[PDB]
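Check out this one - glibenclamide stuck to ATP-binding cassette sub-family C member 8.
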Amino acid sequence: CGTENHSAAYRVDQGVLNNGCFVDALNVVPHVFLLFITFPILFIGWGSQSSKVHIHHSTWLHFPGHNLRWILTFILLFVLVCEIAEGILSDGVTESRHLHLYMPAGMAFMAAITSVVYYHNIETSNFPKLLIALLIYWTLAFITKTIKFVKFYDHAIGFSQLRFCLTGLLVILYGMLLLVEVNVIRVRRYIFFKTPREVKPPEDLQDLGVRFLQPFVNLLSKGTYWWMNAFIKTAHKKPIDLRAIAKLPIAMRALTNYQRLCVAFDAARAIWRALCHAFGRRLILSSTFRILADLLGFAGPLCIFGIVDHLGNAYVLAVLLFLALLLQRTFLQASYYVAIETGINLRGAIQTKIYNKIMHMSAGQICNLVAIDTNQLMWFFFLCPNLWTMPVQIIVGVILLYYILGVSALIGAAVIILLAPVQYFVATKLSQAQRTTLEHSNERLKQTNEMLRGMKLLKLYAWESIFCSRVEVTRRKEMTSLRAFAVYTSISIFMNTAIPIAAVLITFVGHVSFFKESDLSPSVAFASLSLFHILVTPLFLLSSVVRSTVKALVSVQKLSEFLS
Amino acid sequence: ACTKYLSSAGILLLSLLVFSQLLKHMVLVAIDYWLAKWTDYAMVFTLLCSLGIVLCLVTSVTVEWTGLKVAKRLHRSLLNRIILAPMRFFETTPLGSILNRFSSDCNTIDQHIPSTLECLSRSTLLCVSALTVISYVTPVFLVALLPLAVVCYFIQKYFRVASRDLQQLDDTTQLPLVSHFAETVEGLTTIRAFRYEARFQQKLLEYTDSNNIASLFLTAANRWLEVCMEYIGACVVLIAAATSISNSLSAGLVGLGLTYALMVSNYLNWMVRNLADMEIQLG
Amino acid sequence: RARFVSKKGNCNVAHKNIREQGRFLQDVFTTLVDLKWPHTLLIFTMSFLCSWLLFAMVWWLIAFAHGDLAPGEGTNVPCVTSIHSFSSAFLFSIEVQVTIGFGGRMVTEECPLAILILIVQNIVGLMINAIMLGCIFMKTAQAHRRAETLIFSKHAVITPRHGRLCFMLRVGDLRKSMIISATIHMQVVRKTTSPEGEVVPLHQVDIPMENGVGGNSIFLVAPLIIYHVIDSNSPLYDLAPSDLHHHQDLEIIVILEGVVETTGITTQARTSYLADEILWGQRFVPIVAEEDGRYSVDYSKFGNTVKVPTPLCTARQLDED
Amino acid sequence: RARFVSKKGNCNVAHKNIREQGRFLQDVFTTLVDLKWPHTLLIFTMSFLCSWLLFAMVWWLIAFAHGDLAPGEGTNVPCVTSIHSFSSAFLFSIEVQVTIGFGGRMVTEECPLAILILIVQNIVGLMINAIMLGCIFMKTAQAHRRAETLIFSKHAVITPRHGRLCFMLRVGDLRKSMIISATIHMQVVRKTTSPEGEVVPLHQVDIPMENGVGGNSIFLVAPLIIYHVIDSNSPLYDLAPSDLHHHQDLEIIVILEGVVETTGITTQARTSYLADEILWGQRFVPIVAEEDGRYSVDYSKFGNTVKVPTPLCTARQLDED
Ligand SMILES: COc1ccc(Cl)cc1C(=O)NCCc1ccc(S(=O)(=O)NC(=O)NC2CCCCC2)cc1
Ligand SMILES: Nc1ncnc2c1ncn2[C@@H]1O[C@H](COP(=O)(O)OP(=O)(O)OP(=O)(O)O)[C@@H](O)[C@H]1O
Ligand SMILES: Nc1ncnc2c1ncn2[C@@H]1O[C@H](COP(=O)(O)OP(=O)(O)OP(=O)(O)O)[C@@H](O)[C@H]1O
């Protein structure tokens, strides 16, 4: 533990004597005990999955209140990594090695992963006579860190005592997650006379074989699509058929989503409100995940700034950056996957509603209504999270850009303000040329149908050349429309490529030429650069979002018309 | 064989395009390189402004010009080749197999192929630039880079297979829905007096569900590939940061490396997605 | 065309929606015995290692609480002698559970707790050895290895014997040791429909062994010809000599039970015969020859069958005429 | 309305006036094996503790008789070295029975008695370990845990098959491992009266399994439909389609015997069906489906039965007409 003979001079001095290095060895105990008690159990399960796992693809349940279990494990792993960093920083005196000041924490990290894979295996097959060890392990670890924290307060200095604050944080962490499984005890009550717990709808959902079993898995899959992995190998092996593809789960019905939509109707001020009352709860989760992904994205160039600061506290910023990127990406995907689900269920329920309106009629336009505007809804809903999120990313990027650069932040701000309505303008003229191209394409294809059906009669008279000349005429009109497309596509790609050049150039040059008191360290410059790499995506996505909301008003206007 | 598109394109505009794309990408690389040699007053800043002028629209205009060339050449060629063919080939084949090609394939070629090839090539050269710069800063990064490239190759293959299958199946799935829909409107009073509308409610439910599970899988697949591609990007962020700070223990090389380590996560996604889409749309 | 059970038994059936209640793991010992040898070894290696290690940490800590480790002074008396590092403590743990007791590290009377820990560790380690032995014994009794020594001809033939159309199959045993109370059961797997419209996907029909006394036992020393005479009560009474083999998709399940004379463990030899594995109009070639002093079996002639003139009709048609 | 045996077997019968002769405890080992694990552990923990302790007192006393403990003088030679307190003596006892022999405490040649005590303690402790192991082994062979893996549908139906009214019941096995020589027995518990006025409170009637060869064995891999065809010899020949269920209070006992392929231990799966657990005019829904490569069993459809048109009369009346 130490340099001289003090590790014993703890207990050489009388009584408890508050036992400074000893409480770290007390914290060793829970973690080491856990791994060892559960290794024998975990191993048999591992061997059984290797031996017979066809039965394992048949059985699935979730213990009550388990999502918070997952996320508390994630953030306790986060803080454990932080205290590993604190332990290495404390050993950085390096007069001798101090194993007991960072290894105990490392064992906790190892213990934590086991403590959650063990939970995954008891959640895999229900055997509630098995988390007894789990809760006694949590209360024992809570007691040991409680002793550590109160002796820290016995030798306190207060606020900037970093390990003190971190320690009490994970103390109340283990206490609250300890309360989670006694809530599970309160639910199932297996030590007194009963446990009648069983899921039918995922189990009866499983009856058809292949599944889109995402709504019931561990939250690991719910971030990473672990379930999908198994499914793809088959597609690489054998081809894919509709029968092989799944059938949607109990809540995923056009009937069920339509039923909740009918509940919403039963409850400008009508249809829109019903849709929100029907899907608002599902949607705001994606929004929240997107907001958190924005914050974790902005954590990036901050880490770059700190790293190039200290290279003019290093690996710790890299590890925190690593965790930030993982959670960011995952959060973005979570937002993406919820936006989609909402879109889909909206499409099914709205198609059912349109159909029932047709069934209550006591037509190519109606086909256009469904085939266009419902798809527009599906798409608009995906990009619905961005309506308020886009303002956040841009504004907080501006704020950090000012706190880095001073006056030159308004240069790149001017660049992006010049960016966005140009995209809007080109999209407008693109849509005009789309309508022109649709007119010419309808002419050419209809004339082509008449020519191909009467192509025998043209073969009788050798009259193919005249109508191929007609084809050529309508084709040249199409080429006029396609040159308009060429113009507008080239100007869009030139914007989306050359704007990040001009922003960086004029920002740094106006910074340095504006005042010779500039200081172009790489920590300033590259953090601002990676901010500029972030902030292209929101604008280029926001122009389409704006056009999508115009189309959204149109879709609700036409559906309001038809449902009249 | 995708090279038939190239033969319809002509070698000259190919040379213009590839040389201009490599030009502007190496210009971007050189901008960041002389930025690093800056930060570790009129001289190199005036060099940077002179560099930043060079990036230009010529790759975009070259792509669009080339697409117009390929469109008119393939249109005239297939028109003349088909009108050369006898009536017997029209009689044995269905006319729908011709007209569906005439509509769908021409609209594909003239709307979606050129821009998506441009963005695929752009993302390709961007990830090449990022890996090149990160390897230039950290030379021993390549040992960590190699098995991650192997894993990206495997994921890439699996995704492309599953994505082609789901995409084609979704496109086939959505069509009998609107077919049944148009029929159901056209014989509305017939079904009402038949009083068979519960049956066709059920059939629309089946079609709708099918379109859903097809779309859900496609969305799920896209997410899975996208999620994995980012984990690997975060890993190379970590490894590049560790190696750079370990060696540093100059600043500018490390900062450029971390910037491109950020960008590579989006680069992988964009490349894979555009690769699978073009592997479909060159059919 | 999926087979119920393979040529080597190893029944191939998936089991969907098991409502697992955890009984799968409660039966820890049947499971442990079921495990392959490499995993049985890993578990017990791990169990010992963990048990030795978990306790070792406790021993190290008790040394620490007493504070005996760094003073190294004579006046103070340690609870566990010669304890300088965790490593020394670990080795002590090993010496206790596997009862080595080298002696360089001894337990004193200072810690009434150390005495208690010693009692607990001895007992725990003791119980582990007891359980470990029990598991190993049952594994050494896995007589299924003898099941692999049992032979079933790849294909079974249909030929008339004593004027009656019958189903024949050859079976043998490669080991000198016998299988006592060897019993043979034969079932026919057929998707069948009753007149009430009831449908069964895998209906199993019992098939008589034509045993002279109506028994199912057989003293199998030399390869034997097991057969079933097709009559009015046999499900094969309507077999078509040509279509029964390919267009119909039936399966004959042959079960050979009995106990190994050496262990007393009951085992099973499982095999199956699909429609295309049955031959019509062929019989088995004699296997047993005779030396001047003994009887000899030529196992290379097991699958040897020859074509013999036979009626080409269903057993029913044969009886009708 | 008391059940003979529960849905999960676990027969519920009280036994009054047992004239216990003490045979209950003479059978110590069947009893020990019968004990729950926590009690088996307590007994052996206690046995060791006591054995270690009982002998330890003797060791301490022999030290005392010799008088070697308090002189601590070199000239005198102790019988057991390093014996200062009872605690030291106790630790010595431990080191002897579990064969640790740390060495700080050794036996000298002074006490010919100590030598004898050593012999006795080693042997006693030795025999204890032998018995303890034997007990543990039999416990690890408690195959009743496999009995819990056997499934019986909650209710059995009465439907006609091949024109004959029959009793149907579904049975299955959740484990991959098989049960050899699986035999099924079915008994009907009915308070019955003969014509001689004799009354029986729980008369058990044997029920045939409609086995094709008259056997009671069954190769159960996939869930099977066990049934009994009601005839002139069946006690269900006079079942009323409506009153048999509630006003009559009969019970069907279903016994599934067989040996676990892994242990060789014979087990039983016991279940029962009261009158109100039987359905009339219903049959079982098919469980087994088929994948391109294998057969699949949907266990969630075990209790799934559907109503089918059926005669609503007794089997006798059905035959009379
Ligand atoms: C991906 O650009 C963005 C960049 C930045 C931002 Cl802040 C948002 C987005 C964005 O896109 N927000 C919409 C969410 C979204 C859209 C497409 C995709 S996807 O990967 O193309 N998968 C599919 O589209 N599946 C289809 C979708 C239509 C129904 C049938 C299945 C995945 C998610
Ligand atoms: N109530 C009982 N509980 C346990 N064992 C009994 C009981 N009653 C008798 N036995 C033992 O089993 C046998 C049962 O026979 P039975 O009850 O006919 O005895 P018995 O004819 O009354 O003669 P005994 O007076 O010896 O019991 C008896 O010989 C007795 O040894
Ligand atoms: N799918 C299954 N996998 C494993 N065990 C099952 C399964 N289904 C039922 N069991 C157990 O075996 C018995 C089979 O009977 P059955 O399937 O009829 O149950 P049930 O009548 O549906 O009543 P329950 O709702 O309790 O299953 C049930 O009582 C249940 O305890």
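To find a chain's letter, count down the sequence lines: the first is A, the second B. Numbers in chain A track the PDB entry; the residues on display, in order, are 6-272, 284-328, 354-403, 414-615. By the numbers in the PDB entry, the shown part of chain B spans 1000-1039, 1064-1272, 1277-1310. Following the PDB entry, chain C shows residues 32-352, kept in their order. Just so it is clear, chain D uses the PDB entry numbers, and the residues here are 32-352, in order. The entry is not shown in full; contacts are counted within the portion that is. Read the numbers this way: they start at 1 and go in the same order the structure lists the ligands and their atoms.
- One finds glibenclamide in this model at ligand 1.
- The letters of other chains with a heavy atom under 4.0 Å from glibenclamide are A, B.
- The UniProt domain of chain A holding most residues in contact with glibenclamide is ABC transmembrane type-1 1.
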